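Here is a PDB entry that includes raloxifene.
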2 protein chains.
Amino acid sequence: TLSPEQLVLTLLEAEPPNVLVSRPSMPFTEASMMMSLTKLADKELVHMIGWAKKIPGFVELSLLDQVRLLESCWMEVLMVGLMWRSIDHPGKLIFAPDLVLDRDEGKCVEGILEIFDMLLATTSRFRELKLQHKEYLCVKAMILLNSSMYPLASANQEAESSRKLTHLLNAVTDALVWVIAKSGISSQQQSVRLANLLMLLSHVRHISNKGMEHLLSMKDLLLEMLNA
Amino acid sequence: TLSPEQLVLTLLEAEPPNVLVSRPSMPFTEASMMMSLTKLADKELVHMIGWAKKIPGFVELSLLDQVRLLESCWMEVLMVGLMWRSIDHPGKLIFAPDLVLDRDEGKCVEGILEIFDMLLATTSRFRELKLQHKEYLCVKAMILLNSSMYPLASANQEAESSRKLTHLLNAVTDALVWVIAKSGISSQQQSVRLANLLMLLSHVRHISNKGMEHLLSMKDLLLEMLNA
Ligand SMILES: O=C(c1ccc(OCCN2CCCCC2)cc1)c1c(-c2ccc(O)cc2)sc2cc(O)ccc12
Ligand SMILES: O=C(c1ccc(OCCN2CCCCC2)cc1)c1c(-c2ccc(O)cc2)sc2cc(O)ccc12
């Protein structure tokens, strides 16, 4: 039962180190673009487990829950960081400070331009809302905790997991409410802003689902990194 | 610029007629279960366009936006009504008053039991939150208006569509906030409840995505019904 400022301060401190990758500097189509992307993701996934372990309450979940949450929201988590990095750069996807792809460079891979457009539009919604860093922190932690687990346990086991996850999501909501109240907008505007940010969660989920199907059409040590 | 009570009163009045279908009364596996399901959905989709046209602001959207919203959220809309119908019936999916399938009867179709479990768990979250009818109305209207449109227009055209849709989603948020405030819970609990309901939107999106892929692995008159 800690405060919203504690929780947001732990989130800021848990932020992974920005992963530096460089363009291959020798333009490629499907081959090198994805190759660099795959190396970037893999570095980011190593830091994602370290960050997940610092989200308040996450390590008090069973390891079975921890593993399932991460297995279903890793791409959403990757995507929302890409969106935040690209927010102040209309038309480009800043995958890393030295790996900035423009919208039309997505024509090189197998139908990734419509996925890149989804990502740019979600990024524009964030820019339009003027998403603040602290709001972004709550939203990313909420993507991990509101993840769908699969496969499913019995209805009774699932309910126990849900109760717990719901208690942790409520602490993050309290912190986001608190972050929103510091802007001094009215009560009505504070609910609308809470709602605007939460509704983009369904868009991040949708893009992730597409991205995963898209990666899979072109193509287990979690615990080891988790218990360390 | 009408009131939240106006908007919720229009939602209640726009509710489609409950579609009655009966079990074939002669048990079948993959054949008849899906056959009945397909007829049920098709009747419901006819009423879904009539209901969409009554959501405040929907008909003031261009027909291109209207068509894209409905093309991407129809399964979510179907699913959330099924969830609401099944809410007070643990273990069963009430697809229609005379078409009540128990959890284990999903073993008859091609891997639909895990999809049926997703639906039952989302339904249990709703039951656990004690979802009220008026809250449900706002949530279903929000699924239609927060739908992803595809394919995407230019970044500029999309922004114009987003602004408009955002204005309509804010009117629905205002109405849900108002519905929530009538329970008399505290301010803190009201935000948490707003957030609990909005976070299940991402779960409805996810299940829809699965359901669509699942239907498609086993297997254009919108405007005509829209302009009438
Ligand atoms: O390009 C990638 C990407 C590429 C390969 C990936 O996975 C590598 C495989 N790896 C195998 C072992 C288990 C972990 C995943 C993941 C993301 C990224 C994205 C993407 C875009 C469109 C699409 O259709 C699919 C994905 S989004 C993104 C954000 C990042 O910060 C990093 C990479 C990315
Ligand atoms: O079984 C269906 C269902 C069956 C056929 C459907 O589509 C019929 C095809 N029709 C073709 C013309 C365009 C409109 C769709 C739709 C839903 C329903 C669902 C489902 C469940 C699991 C799964 O993997 C996929 C779908 S959920 C649902 C809720 C309803 O109220 C009615 C049917 C349903």
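Chain labels are A, B, C, ... in exactly the order the sequence lines appear. Shown for chain A, in order and in the PDB entry numbering: 217-435, 444-452. To match the PDB entry, the residue numbers of chain B are left as they are there, and the shown ones run 217-435, 444-452. Note that ligands are numbered from 1 as they come in the structure, with each ligand's atoms numbered from 1 the same way. The basis for the numbers below is simple: all heavy atoms, side chains too, and nothing from hydrogens, waters or symmetry mates.
- The largest share of close contacts with raloxifene (ligand 2) comes from the chain named in UniProt as Estrogen receptor beta.
- Other chains having non-hydrogen atoms less than 4.0 Å from raloxifene (ligand 2): B.
- For raloxifene (ligand 2), the residues with any heavy atom closer than 4.0 Å are B:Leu253, B:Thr254, B:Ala257, B:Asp258, B:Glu260, B:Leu261, B:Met291, B:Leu294, B:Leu298, B:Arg301, B:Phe311, B:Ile328, B:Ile331, B:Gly427, B:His430, B:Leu431.
- Atoms of raloxifene (ligand 2) found under 4.0 Å from any heavy atom of B:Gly427 (numbered from 1 in listed order, with element): 23 (C), 24 (O), 25 (C).
- Applying the 4.0 Å criterion to heavy atoms of B:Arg301 picks out, from raloxifene (ligand 2), the atoms 31 (O).
- Close approach to B:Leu253 involves these atoms of raloxifene (ligand 2), each under 4.0 Å from a residue heavy atom: 1 (O).
- Atoms of raloxifene (ligand 2) lying under 4.0 Å from at least one heavy atom of B:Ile328, given by number and element, are 22 (C), 24 (O).
- For raloxifene (ligand 2), the atoms lying closer than 4.0 Å to a non-hydrogen atom of B:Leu294 are 29 (C), 31 (O).
- Remark: raloxifene (ligand 2) and B:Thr254 share no N or O pair separated by less than 3.5 Å (distance only, no angle test).
- As recorded in the PDB, the organism behind chain B is Rattus norvegicus.
- Distances below 4.0 Å separate heavy atoms of B:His430 from the following atoms of raloxifene (ligand 2): 23 (C), 24 (O).
- Any N or O atom pair closer than 3.5 Å counts here, and B:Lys426 shares no such pair with raloxifene (ligand 2).
- The bulk of residues of chain B touching raloxifene (ligand 2) reside in UniProt domain NR LBD.
- Applying the 4.0 Å criterion to heavy atoms of B:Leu261 picks out, from raloxifene (ligand 2), the atoms 14 (C), 15 (C).
- Taking only nitrogen or oxygen atoms, main chain and side chain alike, B:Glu260 reaches within less than 3.5 Å of raloxifene (ligand 2).
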